Student: 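Structure with methotrexate attached for reference.
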Amino acid sequence: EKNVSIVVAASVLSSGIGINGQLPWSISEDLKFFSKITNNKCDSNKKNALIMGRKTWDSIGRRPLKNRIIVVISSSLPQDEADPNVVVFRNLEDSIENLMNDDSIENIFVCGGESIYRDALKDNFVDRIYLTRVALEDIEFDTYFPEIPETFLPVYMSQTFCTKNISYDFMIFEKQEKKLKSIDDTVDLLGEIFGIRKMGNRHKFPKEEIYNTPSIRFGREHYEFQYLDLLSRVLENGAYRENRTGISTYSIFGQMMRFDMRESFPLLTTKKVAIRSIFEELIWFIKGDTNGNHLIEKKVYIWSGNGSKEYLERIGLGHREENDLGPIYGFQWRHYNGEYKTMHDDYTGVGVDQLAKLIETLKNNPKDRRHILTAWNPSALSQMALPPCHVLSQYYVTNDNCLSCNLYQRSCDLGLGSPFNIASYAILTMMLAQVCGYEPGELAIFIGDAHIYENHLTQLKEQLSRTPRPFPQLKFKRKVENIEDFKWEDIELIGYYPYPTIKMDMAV
Amino acid sequence: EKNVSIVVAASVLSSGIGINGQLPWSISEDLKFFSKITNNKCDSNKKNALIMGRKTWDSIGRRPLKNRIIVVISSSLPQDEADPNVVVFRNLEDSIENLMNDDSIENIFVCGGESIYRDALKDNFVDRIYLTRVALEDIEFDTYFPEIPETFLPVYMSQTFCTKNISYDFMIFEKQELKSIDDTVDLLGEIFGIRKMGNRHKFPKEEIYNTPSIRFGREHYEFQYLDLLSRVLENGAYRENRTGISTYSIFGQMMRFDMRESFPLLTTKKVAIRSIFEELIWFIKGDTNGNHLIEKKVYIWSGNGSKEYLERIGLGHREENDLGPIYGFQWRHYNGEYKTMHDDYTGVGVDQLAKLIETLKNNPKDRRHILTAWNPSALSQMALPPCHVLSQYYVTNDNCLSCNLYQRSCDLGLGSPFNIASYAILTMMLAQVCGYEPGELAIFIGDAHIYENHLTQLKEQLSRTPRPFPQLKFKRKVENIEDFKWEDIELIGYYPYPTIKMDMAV
Ligand SMILES: NC(=O)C1=CN([C@@H]2O[C@H](COP(=O)(O)OP(=O)(O)OC[C@H]3O[C@@H](n4cnc5c(N)ncnc54)[C@H](OP(=O)(O)O)[C@@H]3O)[C@@H](O)[C@H]2O)C=CC1
Ligand SMILES: NC(=O)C1=CN([C@@H]2O[C@H](COP(=O)(O)OP(=O)(O)OC[C@H]3O[C@@H](n4cnc5c(N)ncnc54)[C@H](OP(=O)(O)O)[C@@H]3O)[C@@H](O)[C@H]2O)C=CC1
Ligand SMILES: CN(Cc1cnc2nc(N)nc(N)c2n1)c1ccc(C(=O)N[C@@H](CCC(=O)O)C(=O)O)cc1
Ligand SMILES: CN(Cc1cnc2nc(N)nc(N)c2n1)c1ccc(C(=O)N[C@@H](CCC(=O)O)C(=O)O)cc1
Ligand SMILES: N#Cc1ccc(CC(=O)O)c(NC(=O)c2ccc(Cc3c[nH]c4nc(N)[nH]c(=O)c34)cc2)c1
Ligand SMILES: N#Cc1ccc(CC(=O)O)c(NC(=O)c2ccc(Cc3c[nH]c4nc(N)[nH]c(=O)c34)cc2)c1
Ligand SMILES: O=c1[nH]c(=O)n([C@H]2C[C@H](O)[C@@H](COP(=O)(O)O)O2)cc1F
Ligand SMILES: O=c1[nH]c(=O)n([C@H]2C[C@H](O)[C@@H](COP(=O)(O)O)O2)cc1F
């Protein structure tokens, strides 16, 4: 009655595992994971059994694996008794007799090609699945991993790792069966006595119907959950509130999201995100530009709503040209406190250049605690087409020469602005890291008013029904001299396999 | 084999539970907690047994409690068989016969005065302890709860609640006697050294974790500060800075505090609340004169405002304590041309605080209640750049005022407790002037660090189990936010641990 687990590394979409008798990739850390998970035992006087098919036995050179016993399933191989570390069986059913007569075997691992995988799943021999999702799909496969049956549920999904620009995950699946202690009861009783006087009741845990992949309870390591859980928390505790637009929101206050940038790029996979528009807006900020037409001329329409004749006249800026957004992010980054006139004037030399001072300080005094870039200028708020949402950012150089970023966001549209903000400040930190000579670190986003617009409810709930996939990789094709020299052609997005786009309208 | 639990409400320091045959307090929610915890059962055809002494049986009027069976320990009361809800036993040992006989009893609760408590603990009959710590100590007691034996460890400590300006907690004590997900995470952590972000955010070891036995019940929001200390001690990188005292630093941290039922003033260390208030009202008035704080026996800005320090950072033209345009000058005169600490600035710059107050009561659901202090044009003139850089304020649907604060650099030994209390008081001041109630306080930290000369001190502070937060009330309602005085502040139920001396790094 010992445990039987599948160990497999398959592609993220088509679940390919092999091609021409070998693997479609070469990931060293994945093999180490196979080695450590198949050697993991509890009894020093027992060994683990690794079951594999004959063709898989050929692909590993027909040589034994240390500290383990390999069980080859073959109809033609001679049942040789010379090697005690390799044993041959004529069928998979007869091979699963290490449970009974062989008390010297502690755990059993199935890992031997499509034929053995499919037979082990069809006959319900498998209890656990150790899946390594690999972000490679536009290549050739001839051997696939079977679709995981509905009797299995995911219980763990690791963060995204990177090897030679290849993104990969680690997941565990458990086969469902039938059907502290008093701390939960005491907390529930306290919540019944104190209604909303108990702060726990104002931060209720999301219900299962709005929880992304609810079967993953204690292993929600993938940092896309940092965004999906915020959606669920809003759906559970968001107060219905009006705002300056005609579209009400469900809002909560004081939230946090954390993302890794060392081994992945925080571009959401549960929805296809317009990465090009994000980059074009970011380089538009860096150049100090406030002319909205330059984004529209590059097929980027995210600032069209807040820069129309009707919207500008409504907020009392009818004197402006159609897309003259005024002194905003790009103008406070390069010309802070500069007297703004129009989008056509020359501002070279005006205001404080925070971005230049930031870059100079990052490489000359890295351990300084004042790497701050702000956009909140109370003297210029009335002239802006929209006050800053990503208000302030701080940057940090670790001891191992990595650049981390903290961002405070006063207002967060979780449907549209939030994924853009995550990717935008990830790219910005990477740009600062390359110009200053560091590596990307971490990205923390601290949110004030985190809200969901009521016309996004059907869409975001749809997005919550999609299990996340490994984050992609973002690499720069060339090293630039000035941070303003980055071009969209210099960006390489590797291994991005998202779910279909989800259309959502912006509230003007 | 059946469960035996003590339910008791005792004072926070002396563990007093009674006076003159009655309770030393009147907390309605505590009685409701007693009712819910003693009625909590699993079988609908069973009842719970409440064991109490005779004097306690007298104090409750000698009347039965619904749905439960009261067991009175007395040597004189007649063993009457008329009332089935009240049964009398001659001693506590013989009374613990609900274990073997009477299968109709599911759980057993001991709750009957000092004599029964002490006997139940001395004979090792008790498995669990439900303690309600009450923040009342300068009153008279004649009945005390025994000192909890070392065989018990706390497993839960609730947030601080308030009833009639009385702070109280809820704790659980236990007597000491997935699966493969943790293994897979450990294996992945062995393969990827610090490439796995979990290894860069390691869970603190037990030796630096405050009350490590409370694992799943760290509800008390003082843990939001103590655990941050532990995280720094576990993952902090040793780094140099502008001062001669190196720190252990981490980046990107968060603390959350409740202000509806308590005031976030740390109990594991006596915090100078008066100096915090005087600094805050000094900010609100728009004052940059460091002498006005020194004249009020507040010396927190003496180090960053000396002749030697100002000359060192290139401000030798300044007067002794002319700190320059800092907190409160950017609040009241943002972008205002700063001259000296004595000039008249009435009307210059943008008054963020006034606009903030006006917007909070005229447009509460606005998403732009922002108060900033980071002025890149004035950084060179400041004696010290702002640490609490930016704050945002939020009006809930039930007319509560919450506050978010971003802090670029956080001295966890000295500045952090001051910052927590300071912005707590500021939110309360804004709430009263705008006509709201205090809400929540979230603090987002960039460079959270511990100075190396605070290591012995902070580890000492981590050895102290937290106590209920106190209460902060205003004695009068003011017309303008600048009119608050220290005499208008009432700090109720503050019973901290001894002060811990720590030197500031200049
Ligand atoms: N990414 C990953 O995790 C893994 C990938 N792979 C890859 O997959 C490929 C190999 O898989 P695959 O092509 O399906 O071959 P298999 O590994 O499944 O081995 C098949 C052989 O096993 C024997 N066999 C299979 N079923 C039975 C049965 N019901 N009764 C008796 N004997 C049986 C047969 O050998 P015989 O002819 O002797 O009778 C058969 O030819 C390789 O490219 C390999 O590298 C393999 C393992 C893991
Ligand atoms: N804050 C809280 O949670 C609680 C507080 N209290 C307070 O504490 C006070 C009461 O406690 P306390 O003064 O200690 O009195 P007790 O409630 O402990 O009752 C004592 C009586 O129980 C009987 N008794 C005790 N021990 C024995 C024994 N070993 N054998 C036989 N009979 C025994 C005796 O009754 P007899 O004379 O008949 O022999 C004795 O007089 C009250 O003020 C009450 O309000 C009470 C409960 C809870
Ligand atoms: C059957 N097979 C193909 C193969 C390749 N990648 C996989 N990856 C996963 N996640 N799961 C599998 N079953 C798997 N199988 C294998 C099996 C073992 C070794 C191997 O060389 N293992 C060494 C690992 C060497 C190392 O430390 O790098 C060991 O000690 O177990 C290679 C391919
Ligand atoms: C023995 N005793 C004194 C008393 C008072 N406060 C306490 N508080 C605690 N935490 N623990 C105790 N053992 C305790 N005991 C009692 C016991 C029951 C009631 C009582 O009236 N209980 C009603 C409560 C009525 C209501 O809902 O408020 C019930 O239904 O249980 C009062 C005092
Ligand atoms: N899925 C998806 C998806 C598909 C296409 C697009 C447009 C594009 O790819 O070009 C988008 N993004 C936006 O349509 C978008 C995203 C961010 C902003 C910033 C912004 C400015 N002012 C705002 N005011 C409100 N209220 N909220 C906001 O997000 C903003 C404005 C628009 C998302
Ligand atoms: N326990 C304790 C305890 C006991 C007494 C006092 C002083 C008093 O009660 O009056 C204190 N607080 C301070 O001594 C103190 C607290 C906060 C500051 C703000 C500050 C300005 N510049 C700083 N620079 C550094 N590096 N760090 C800092 O905290 C500050 C400066 C000093 C703490
Ligand atoms: O980068 C952005 N991120 C974002 O979340 N918004 C959304 C938040 C909110 O829905 C709206 C701002 O309206 P308000 O000023 O009332 O917060 O824009 C806008 C951006 F430009
Ligand atoms: O409110 C404050 N909080 C705080 O933590 N500091 C500490 C943080 C740091 O130890 C020092 C500033 O050093 P630096 O300018 O390098 O961030 O002041 C100062 C304040 F005024």
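The sequence lines are taken in order and lettered A, B, and onward as chains. Per the PDB entry, chain A residues shown: 3-181, 193-521, in order. What you see of chain B is 3-179, 193-521, where the numbers are those given in the PDB entry. Both ligands and their constituent atoms are indexed starting at 1 by order of listing.
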Student: Locate methotrexate in the structure and include all copies.
Tutor: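 Short answer: ligands 3 and 4.
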Student: Which bound partner of methotrexate (ligand 3) is the main one by contact count, according to the PDB entry?
Tutor: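 Most contacts go to Bifunctional dihydrofolate reductase-thymidylate synthase.
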Student: For methotrexate (ligand 3), which other chains have at least one heavy atom closer than 4.0 Å?
Tutor: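 Chains with a heavy atom under 4.0 Å: A.
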Student: Hi! What's sitting within 4.0 Å of methotrexate (ligand 3) if we only look at heavy atoms?
Tutor: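 Heavy atoms within 4.0 Å: A/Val9, A/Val10, A/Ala11, A/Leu25, A/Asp32, A/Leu33, A/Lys34, A/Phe36, A/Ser37, A/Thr58, A/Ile62, A/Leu67, A/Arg70, A/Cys113, A/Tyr119, A/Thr134.
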Student: Per the deposit, which organism was chain A derived from?
Tutor: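 By the entry, that would be Cryptosporidium hominis.
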